[PDB]
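Prostaglandin G/H synthase 2 bound by ibuprofen.
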Amino acid sequence: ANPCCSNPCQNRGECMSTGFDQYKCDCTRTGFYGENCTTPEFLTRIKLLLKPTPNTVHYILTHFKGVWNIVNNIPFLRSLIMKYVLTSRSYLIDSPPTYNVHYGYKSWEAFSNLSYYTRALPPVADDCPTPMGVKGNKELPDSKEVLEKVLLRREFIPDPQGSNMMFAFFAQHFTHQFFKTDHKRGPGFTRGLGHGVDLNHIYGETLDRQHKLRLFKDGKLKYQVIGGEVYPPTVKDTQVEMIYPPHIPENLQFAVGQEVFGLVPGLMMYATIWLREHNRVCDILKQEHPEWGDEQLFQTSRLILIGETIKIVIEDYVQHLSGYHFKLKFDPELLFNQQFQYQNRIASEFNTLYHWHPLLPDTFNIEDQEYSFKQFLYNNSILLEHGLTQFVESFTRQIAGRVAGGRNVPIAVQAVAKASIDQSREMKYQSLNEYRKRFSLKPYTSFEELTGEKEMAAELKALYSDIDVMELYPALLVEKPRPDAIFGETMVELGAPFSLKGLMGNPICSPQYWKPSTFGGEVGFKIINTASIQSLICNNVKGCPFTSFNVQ
Amino acid sequence: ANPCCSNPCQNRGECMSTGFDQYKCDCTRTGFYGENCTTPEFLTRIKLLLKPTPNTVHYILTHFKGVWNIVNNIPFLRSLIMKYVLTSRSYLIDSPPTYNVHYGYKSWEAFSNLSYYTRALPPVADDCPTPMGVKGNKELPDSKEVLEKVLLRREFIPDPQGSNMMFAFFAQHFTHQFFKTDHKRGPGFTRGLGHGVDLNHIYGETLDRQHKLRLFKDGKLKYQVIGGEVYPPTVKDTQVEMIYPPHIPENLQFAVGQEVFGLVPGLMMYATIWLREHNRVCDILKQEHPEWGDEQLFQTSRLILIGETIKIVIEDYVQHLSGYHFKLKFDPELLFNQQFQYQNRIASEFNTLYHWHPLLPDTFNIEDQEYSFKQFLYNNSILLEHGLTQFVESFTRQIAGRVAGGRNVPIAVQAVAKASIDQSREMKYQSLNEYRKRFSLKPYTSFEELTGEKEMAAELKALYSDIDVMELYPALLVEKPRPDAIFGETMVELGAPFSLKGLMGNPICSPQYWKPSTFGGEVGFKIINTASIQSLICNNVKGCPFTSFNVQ
Amino acid sequence: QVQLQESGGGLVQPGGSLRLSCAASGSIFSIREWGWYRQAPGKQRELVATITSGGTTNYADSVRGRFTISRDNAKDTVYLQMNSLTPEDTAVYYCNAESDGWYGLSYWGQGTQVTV
Amino acid sequence: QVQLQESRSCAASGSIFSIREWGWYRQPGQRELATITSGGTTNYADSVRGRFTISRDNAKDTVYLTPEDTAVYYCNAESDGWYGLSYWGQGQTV
Ligand SMILES: *[C@@H]1O[C@H](CO)[C@@H](O[C@@H]2O[C@H](CO)[C@@H](O)[C@H](O)[C@H]2NC(C)=O)[C@H](O)[C@H]1NC(C)=O
Ligand SMILES: *[C@@H]1O[C@H](CO)[C@@H](O[C@@H]2O[C@H](CO)[C@@H](O)[C@H](O)[C@H]2NC(C)=O)[C@H](O)[C@H]1NC(C)=O
Ligand SMILES: CC(C)Cc1ccc([C@H](C)C(=O)O)cc1
Ligand SMILES: CC(C)Cc1ccc([C@H](C)C(=O)O)cc1
Ligand SMILES: *[C@@H]1O[C@H](CO)[C@@H](O)[C@H](O)[C@H]1NC(C)=O
Ligand SMILES: *[C@@H]1O[C@H](CO)[C@@H](O)[C@H](O)[C@H]1NC(C)=O
Ligand SMILES: *[C@@H]1O[C@H](CO)[C@@H](O)[C@H](O)[C@H]1NC(C)=O
């Protein structure tokens, strides 16, 4: 019914109805003009002729290792290339944000209401004849059939990039601070009003939860000692709201910033490491500032840990995920002579694409045990008995699952994997190819091109009929991966802009914050600029075990 | 006791204690180095030598009218000058924001907690020996003596710039959307969580309040008809919370976005005009989009009225206040090639300097009547009796009071004027001279230089002793005004950066919002770009009476 | 944690109607899906109706059309409207809530008897 | 609007966000002035600048406080802005 249901405007043009049966495209600043923003301006033609494809740039970054080693050792050249990465990725994100699940047009409600996830593409209007707009059947295929035919794991497919379980639990722990869906309102709403890397999963989203977690001495967090080792405190001692099954004794109800972290021992591992890191920085800052009070010690340690987090996520986490031979760099100064908005709004599509269910292995292998999901879940005495050191050593060695390539979602998590398909439909997501175009990717012309094979493509064609109504989330999991990579093109080219914008958009990266006195002086500043996943584990885990996000 | 109490770091360098009796200054990106950031870098020496004083620039902008008339008719030159105005003012504001009343250092609490007013200068620490740091007596002078000796009005001093009561009530109506102090917590806290020009004083701060004010037909706001004229609806019909004395009948309890606007007929005048403007824009948009529903009609009209507000504030309100012969321009495109943060946090000092109590006249002259404060306050039958047309005609003719120059606070508002002094002390404001240096102004070296006279200066010297202990708020009201101007140097050089930053920081000025489709098309876009105080009144007040912010 | 408490069950004759209520409290933010299940004497527990936080409803074949599941978000109450109660609908009806995430907990109520 | 109900207590309810200053006043045979601002600034009558000092419990919205002290003690709340309303409680022997 709506004239814009077909999504007629291209190249980030915006569709507006001008009557019951006609539309108008706003081609402002798209580089294009015409009825649907498809006639390029002269300068646009030149830039399109010279722009390499993402697959071409990915090839350059994943080959020529000897050339990149020289580039990585010339600071001016490393900075120039990292700057271009930041600025080109950031250009793909609307900031200030625009749409959400309830507003396919810009509105003050969609801008101001922080309880919404934002939306990179507007939702399909309710009165459109088909779920994707005008193409496809009246109803999308049964998500249960989509799940079973192309998503569910037959045999475990390891990640050829070597992602381990330290990586898998880090991704879960890290993203659980800004993917906090408020299901009381719906899948398009969030509880993480900071909309980014504020470490609320360590310190709590609200002030009263933070104060219950704090010791109010030396800026530190409350803690307990179990077998001579530091762990988070108890629910009884802190009165902090946590989610535990009813059979967990009080002795094992750990209180941490995120209320679900006590449910999986892999998250309690990182919750313990980061708590130790906070108190360690308190000790360092107290030695530098004996005149400081508890409040300033706490606030400065939190700003330092935010810096450490962004530092580790860029130079270890994203570094591994990218597979690039170029050495990525966390350096806020790269953006000081550029246009950049120091703000972020978490996008629903960022949440959706991060449902990396195939990452999960079939068992959780610690020392010589192979724990099943039933044994591993909710059982934090596994962590206590093996110890933090052993968890780090084991999960460094255990391979994780490949996310792209299809048929790698473990059967144990099939219900939540189906939920990810369905929630996308509840939020009226546009199609895969609409999102591909939104991020300057060429639309797939068939299912075989999407998957790079024949069997899953035939299954998908029988279910969806038309490639232009294929859905974003299942496509991400069946996409043809880059050679020996964990992801396909669509995952990287959507996830990377969301990811880097959420990291550099943090206020500590702004010029008025990015200075030594913000972090208690040069000593605290150096803690950020020398942080790594290896130093995080080395300083806070007994024995300083070797760790990384890749198996060795 | 705190080694930063003396405010040793200059040129926006930041002080950090390094032990109980030592400090270090962070001079990062200030343009200076050395122990107190007082040694200028080579390029800083050149820029400082080429920079003219605010008084020199003010003279050029207020003279050579024939030259400015030529300049105003050259679009390229007008744009370039306006661009320099916006960029140089915005450079003075920290964005993302930093301090608040509780944090003299940067913290995640001060950044993220929207309930605080932000602070352009950190508060004086609690362990400092004097209120201003280390200078002055252990106690500031009695604020009642300061009020009586140099602030209270003897005879009404009219504004030589010609500001009228249309201006005064516009100033009050406009700023009441982002100056909404939450005194339950304290004077450093706000209920305006939007921190800017969101028109919550028309639409309500919360969705629940907005929904009670909306008609839910044609996008319009609810209304009533009194003598054939459109007025805001009653509390009984909408059930919104308003503040009224216990003698107001139910049929006179108007319901508007801001709960105090029913207490003064001047505010109810603008509330009625703006309510009419919203429904007028709803009619225009409905004629352009018969296919649109109520929700989109409402949201689009609100974005248009936000744009109209910013347009009027820049090209009429600030244009009048500045006294400039240069014609200011609201053009978000001026910033598209600049570095600029499309965000804003309302500063406590912006609120404090906006306490323009001397603006109020002795009586409110409507037609042939001269109402007292007691007769005018809470008596909205005055508006219904004379009518909206007569209110505009009268208040366009009535002169308002001079804000600077001293001794012009009407005795009827003694209590609130004294509270403005005391609240500054409650929030531990730094001195006047610290705020002048913060905004690149030369510190005053005596009270006679501050006032430009001898009588009030001698009173202030006896009370404060040292000019470096003079307080910001009373200085603003006693400061020597510019020639035949309403304000002195400190008011403009502090108020302008806050004003322009709050106006252009709005997301509708960002490139992804500033396009015709955002506002329903070229018809809606044109409503913003042709808006003025005269067209606002002409379209919504019977008879289209002449109006301006200056008496003719 | 989420607490679930069913009510509305009772004794009715064939053809009668009955609205079951499930009052929920606690960590409601974590519940991606609500459900009604029944367990007849001697037989396995079976799905009756589910609704997700986004409003996706599913029904068992034997109850589709005459049973309706819905959620009152303001009251945190999931309702099951039952009409045309045949004697085959006799069972203990249980309320259920499924949490977000592959780690998410499953919650079950105490049940309410529907004898027809 | 702000309701004040007296009862060592002045229980307040309503538009508490608007009250810049709370005050205690006493009045057989003029009303005389303790006051505390929303920021904590306290003033006192010289005659009483000794015992009972004033204080506010923000969480409870309650303001707390010789034979010459025999009077009817009233609770007062002053609103922000030059237009602000004044609120008075209902108000007893030594
Ligand atoms: C943000 O938007 C949500 C969605 O509209 C608002 O939640 C609604 O609130 C109203 C009134 O409080 C209720 O009548 C609706 O039932 C709510 N809807 C949902 C889905 O929960 C929320 O209030 C908004 N937040 C703010 C601060 O305005
Ligand atoms: C913003 O800061 C204020 C001031 O610290 C917070 O208000 C306090 O809340 C705690 C517990 O919620 C109370 O114990 C204090 O008494 C409150 N203080 C005041 C002055 O009201 C407020 O909670 C913060 N906002 C957020 C979202 O965290
Ligand atoms: C979630 C995933 C997409 C994170 C990710 C992976 C790679 C990159 C590189 C630096 C790039 O921008 O190409 C960024 C972010
Ligand atoms: C609050 C007051 C200071 C408003 C105001 C007055 C003048 C100006 C001019 C354009 C300037 O920037 O010098 C801006 C804002
Ligand atoms: C939890 O793990 C411990 C090992 O410390 C084991 O003894 C216990 O049986 C486990 N419980 C469950 C329910 O898996
Ligand atoms: C500031 O620096 C100067 C040296 O440039 C030093 O003499 C002085 O003591 C320092 N502190 C203050 C408060 O001036
Ligand atoms: C209210 O205003 C009217 C004029 O419209 C006037 O006649 C009346 O006396 C006023 N009432 C009070 C209580 O001031």
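Every chain is numbered from 1 and lettered A, B, ... according to where its sequence line falls, protein lines coming before strand lines. As a basis for the values below, the full set of heavy atoms in this structure was taken, side chains included, without hydrogen atoms, waters or symmetry mates. For ligands, and for the atoms within them, numbers begin at 1 and follow the listed sequence.
Copies included, the model assigns ibuprofen to ligands 3 and 4. Chains with a heavy atom under 4.0 Å from ibuprofen (ligand 3): A. Interface atoms of ibuprofen (ligand 3) facing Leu500(A), defined by a heavy-atom separation under 4.0 Å, are 12 (O). Among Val318(A), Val313(A), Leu494(A), the residue whose heavy atom lies nearest to atom 10 (C) of ibuprofen (ligand 3) is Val318(A).
With a cut-off of 4.0 Å on heavy-atom distance, the UniProt-listed substrate-binding residues of chain A close to ibuprofen (ligand 3) are: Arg89(A), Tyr324(A). Taking a cut-off of under 4.0 Å to the non-hydrogen atoms of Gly495(A), the atoms of ibuprofen (ligand 3) that pass are 3 (C). The distance criterion of under 3.5 Å between nitrogen or oxygen atoms is met by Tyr324(A) with respect to ibuprofen (ligand 3). Checked against UniProt, none of the heme b-binding residues of chain A turns out to have a heavy atom under 4.0 Å from ibuprofen (ligand 3). When only non-hydrogen protein atoms are considered, atom 2 (C) of ibuprofen (ligand 3) lies nearest to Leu321(A) CD1, 4.1 Å.
When the options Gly323(A), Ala171(A), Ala496(A) are ranked by their closest heavy atom to atom 15 (C) of ibuprofen (ligand 3), first place goes to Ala496(A). Remark: ibuprofen (ligand 3) atoms within the under-4.0 Å shell around heavy atoms of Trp356(A) are 1 (C).
In chain A, the UniProt-annotated active-site residue lying closest to ibuprofen (ligand 3), with its least heavy-atom distance, is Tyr354(A), 4 Å. Residue contacts with ibuprofen (ligand 3): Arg89(A) is placed with a nitrogen or oxygen under 3.5 Å of a nitrogen or oxygen of the ligand (distance criterion only). By the criterion of a heavy-atom distance under 4.0 Å, neither the backbone nor the side chain of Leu61(A) is placed next to ibuprofen (ligand 3).
By chain and number, the binding site of ibuprofen (ligand 3) (heavy atoms under 4.0 Å) reads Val85(A), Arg89(A), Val318(A), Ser322(A), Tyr324(A), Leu328(A), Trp356(A), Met491(A), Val492(A), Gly495(A), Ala496(A), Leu500(A).
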Put together the list of close N/O pairs, under 3.5 Å, between ibuprofen (ligand 3) and the protein, could you?
unit_1, atom_1, unit_2, atom_2, d
ibuprofen (ligand 3), 12 (O), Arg89(A), NE, 2.8
ibuprofen (ligand 3), 12 (O), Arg89(A), NH2, 3.4
ibuprofen (ligand 3), 13 (O), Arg89(A), NH2, 2.7
ibuprofen (ligand 3), 13 (O), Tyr324(A), OH, 2.4

